[PDB]
**Q** 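Sharing a structure here in structure tokens format.
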Amino acid sequence: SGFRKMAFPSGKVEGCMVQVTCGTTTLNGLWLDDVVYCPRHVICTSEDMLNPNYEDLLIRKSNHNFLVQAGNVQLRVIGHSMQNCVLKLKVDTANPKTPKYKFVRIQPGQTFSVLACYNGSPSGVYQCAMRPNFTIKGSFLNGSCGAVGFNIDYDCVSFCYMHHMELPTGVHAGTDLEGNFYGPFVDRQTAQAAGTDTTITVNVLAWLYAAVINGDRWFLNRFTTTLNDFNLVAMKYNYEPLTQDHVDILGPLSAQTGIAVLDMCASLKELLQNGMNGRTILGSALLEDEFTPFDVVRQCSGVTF
Amino acid sequence: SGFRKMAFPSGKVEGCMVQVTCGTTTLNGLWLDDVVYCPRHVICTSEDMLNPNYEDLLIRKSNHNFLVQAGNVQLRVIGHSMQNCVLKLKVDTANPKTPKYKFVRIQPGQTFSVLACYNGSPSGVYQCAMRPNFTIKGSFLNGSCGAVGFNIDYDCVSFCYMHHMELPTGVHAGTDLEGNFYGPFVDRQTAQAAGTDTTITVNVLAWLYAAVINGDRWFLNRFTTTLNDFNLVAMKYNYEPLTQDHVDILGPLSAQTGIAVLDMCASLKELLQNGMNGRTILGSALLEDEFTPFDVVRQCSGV
Ligand SMILES: *[C@@](O)(CO)[C@H](C[C@H]1CCNC1=O)NC(=O)[C@@H](CC(C)C)NC(=O)c1cc2c(OC)cccc2[nH]1
Ligand SMILES: *[C@@](O)(CO)[C@H](C[C@H]1CCNC1=O)NC(=O)[C@H](CC(C)C)NC(=O)c1cc2c(OC)cccc2[nH]1
């Protein structure tokens, strides 16, 4: 037993980190088959990043302007193109460590592992949740751009995040592997602010199911609710509304505990309206919202890859 | 910026994880060169684990009694010895993925990465600290025995932990890679208690510095304290004493923030005496003690 934030084993992604350099600008890229993916702003000088015209800056660059390195080994760039905010560089070598992979665009509330990475060298791995305001509460220093976030299902690596930006508030913002930002952010050297954040309701419920699985069920009440009623109430507390997908992915935990989703919602609603009354759940006075239902399953029942 | 519980990348260790089965008992082993290390209770039956006379059980075993699977390949055991609670199985094949490694014994309050692992397949990675009562607060389910903890310095993996046990309180116990338990625990099937768990003071102070580096300052105050008077109050709260070394290891964090160590101690003393009201620090409602000063430096230098 025990309940912790847990990243996926990172070896399959470590074998795909490389360093990409233009001029003196360096960052991380993701080497899959014979293509390297990285943030397009690598083509910018410091002064270019203030107000960049990426189409114009790229028109002046050739394959031979791009330094791609696995460790100290150079991979010759033989083609380049821009997709949204990500640069794609065809290299002359197929990465022999390429895992089975997909590119996915995750939803707010979903979690992923971030492989922290500097100059193409992995440095750490940790778990993150996409906040409803499309930031992540990460740990990123200078040179971290291009670091990726991923999930592993079976033996397939699902890439969902590539790092670009730190906001003034100290949270982080980035794109999917197709170069589309999560949230209303742009890759300019400017101070940008995220929408007001909210609590990830589906994850709080997951966490309550986790508590119940562990015999901690004082908070189960006698009421139920409609989904619409619950959503209208939850927004009054800065909680995200539930989708039908959210109800669906709570199913297994609902079946395992025998507690219908809408019953657990009525239980959570009472907690919001009346507070914890000095009690804890799983040892915490805070309701935790960065464990998805899959995370609860991974840690309460055990899953391998 | 930002501060997060972070484990080392696990690839170098994943390549060493294998599965070891004896009879009806299966757990994880660590494959380095031509040796696979695993917990020795893999040789016990249900009846045996109650009170195993391990040397007796071990001698009655043959090489072929041990099934070692590395992925889709089975490894041929050509020998077997025992070092304390760790069984050493010789195999006819060197692990080609063997990294540069050493076996170290970690000290209380130090952190390491755990590669959670089932049936020789890794399931996740997270960071832990060796607590002063020599338990760790982990996440370990059935078939997790043999999972290892480690640190990576440059390209050398320092193995420091192999998992054996979950105490009735839900915390976890294990050995170094020479088979010596951390703490007063024994690999028999009995309910075992640990000594009273104290709080790792130098780590709580480091985490408070991290909170300051990241914009959280509500807990600071104008007061200072002497080392001794801080230790008087801390021990009253079951916090480990702070040593002059500890003060010294915190120097870099004091420099960066401009808050003297004994000033941070005055803040911590007030937090202990007053609690946190309804406030949080780095998103936590509890004083965190599983981040070392180096964990904090490596994540907040330059911020
Ligand atoms: C290993 O996987 C066994 O090979 C496992 C560790 C996990 C089980 C679930 N959580 C874990 O961390 N260890 C054990 O199952 C054994 C270890 C001994 C050395 C054989 N048991 C315990 O850790 C255990 C026994 C026991 C008990 O026995 C009567 C009473 C209370 C608590 C308790 N823990
Ligand atoms: C990448 O490593 C750069 O390639 C870097 C991320 C790092 C920096 C430290 N923390 C991180 O997460 N990204 C940036 O520096 C981007 C670069 C492009 C223009 C997208 N910019 C920012 O992160 C950025 C600019 C800011 C600004 O404008 C002056 C004001 C306030 C915050 C801010 N952040």
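Heads up: chain A is whatever sequence line comes first, chain B the next one, etc. Using the PDB entry numbers, chain A covers 1-305, in order. Just so it is clear, chain B uses the PDB entry numbers, and the residues here are 1-303, in order. Whatever order the structure lists ligands and atoms in, that order sets their numbers, starting from 1. Note that these values count all heavy atoms, side chains included, but never hydrogens, waters or copies made by symmetry.
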**Q** Can you identify the drug molecule modeled at ligand 1?
**A**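 It's PF-00835231 (bound form).
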**Q** Which partner chain accounts for the most atom contacts with PF-00835231 (bound form, ligand 1), named as in the PDB entry?
**A**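 The largest contact partner is 3C-like proteinase nsp5.
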**Q** What other chains contribute a heavy atom less than 4.0 Å from an atom of PF-00835231 (bound form, ligand 1)?
**A**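 Other chains under 4.0 Å (heavy atoms): B.
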**Q** I'd love a list of the residues lining PF-00835231 (bound form, ligand 1) within 4.0 Å - heavy atoms, by chain and number.
**A**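 The site of PF-00835231 (bound form, ligand 1), heavy atoms only, is B/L27, B/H41, B/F140, B/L141, B/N142, B/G143, B/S144, B/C145, B/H163, B/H164, B/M165, B/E166, B/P168, B/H172, B/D187, B/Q189, B/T190, B/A191.
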**Q** Between PF-00835231 (bound form, ligand 1) and B/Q189, is the shortest N or O to N or O distance under 3.5 Å?
**A**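 Between B/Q189 and PF-00835231 (bound form, ligand 1), an N or O pair is found under 3.5 Å apart.
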**Q** Going by the order shown, which atoms of PF-00835231 (bound form, ligand 1) are within less than 4.0 Å of some heavy atom of B/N142?
**A**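 That gives atoms 8 (C), 9 (C) of PF-00835231 (bound form, ligand 1).
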**Q** Which of the numbered atoms in PF-00835231 (bound form, ligand 1) are under 4.0 angstrom from any heavy atom belonging to B/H163?
**A**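 Result: 6 (C), 11 (C), 12 (O).
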**Q** Can you help me out: which residue and atom, if any, share a covalent bond with PF-00835231 (bound form, ligand 1)?
**A**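 Covalent, to B/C145 SG.
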**Q** Quick sanity check for my notes: UniProt domain of chain B with most contacts to PF-00835231 (bound form, ligand 1)?
**A**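 For PF-00835231 (bound form, ligand 1), the UniProt domain is Peptidase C30.
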**Q** Taking both backbone and side-chain atoms of B/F140, is any N or O found less than 3.5 Å from an N or O belonging to PF-00835231 (bound form, ligand 1)?
**A**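 Yes, there is a polar N/O contact under 3.5 Å.
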**Q** Which atoms from PF-00835231 (bound form, ligand 1) have a heavy atom of B/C145 less than 4.0 Å away?
**A**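 Those of PF-00835231 (bound form, ligand 1) that fall under 4.0 Å from B/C145 are 1 (C), 2 (O), 3 (C), 4 (O), 5 (C), 6 (C), 13 (N).
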**Q** Would you say B/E166 has any N or O atom under 3.5 Å from an N or O of PF-00835231 (bound form, ligand 1), going by distance alone?
**A**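 N/O-N/O distance below 3.5 Å exists for this pair.
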**Q** Which of the UniProt active-site residues in chain B lies nearest PF-00835231 (bound form, ligand 1), and what minimal heavy-atom distance separates them, to the nearest angstrom?
**A**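 Nearest UniProt active-site residue by heavy atoms: B/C145, 2 Å.
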**Q** What lies under 4.0 Å from PF-00835231 (bound form, ligand 1), among the other ligands and ions?
**A**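 Result: none.
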**Q** Could you list which atoms of PF-00835231 (bound form, ligand 1) come closer than 4.0 Å to a heavy atom of B/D187?
**A**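 Checking each atom against B/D187, I get 19 (C).
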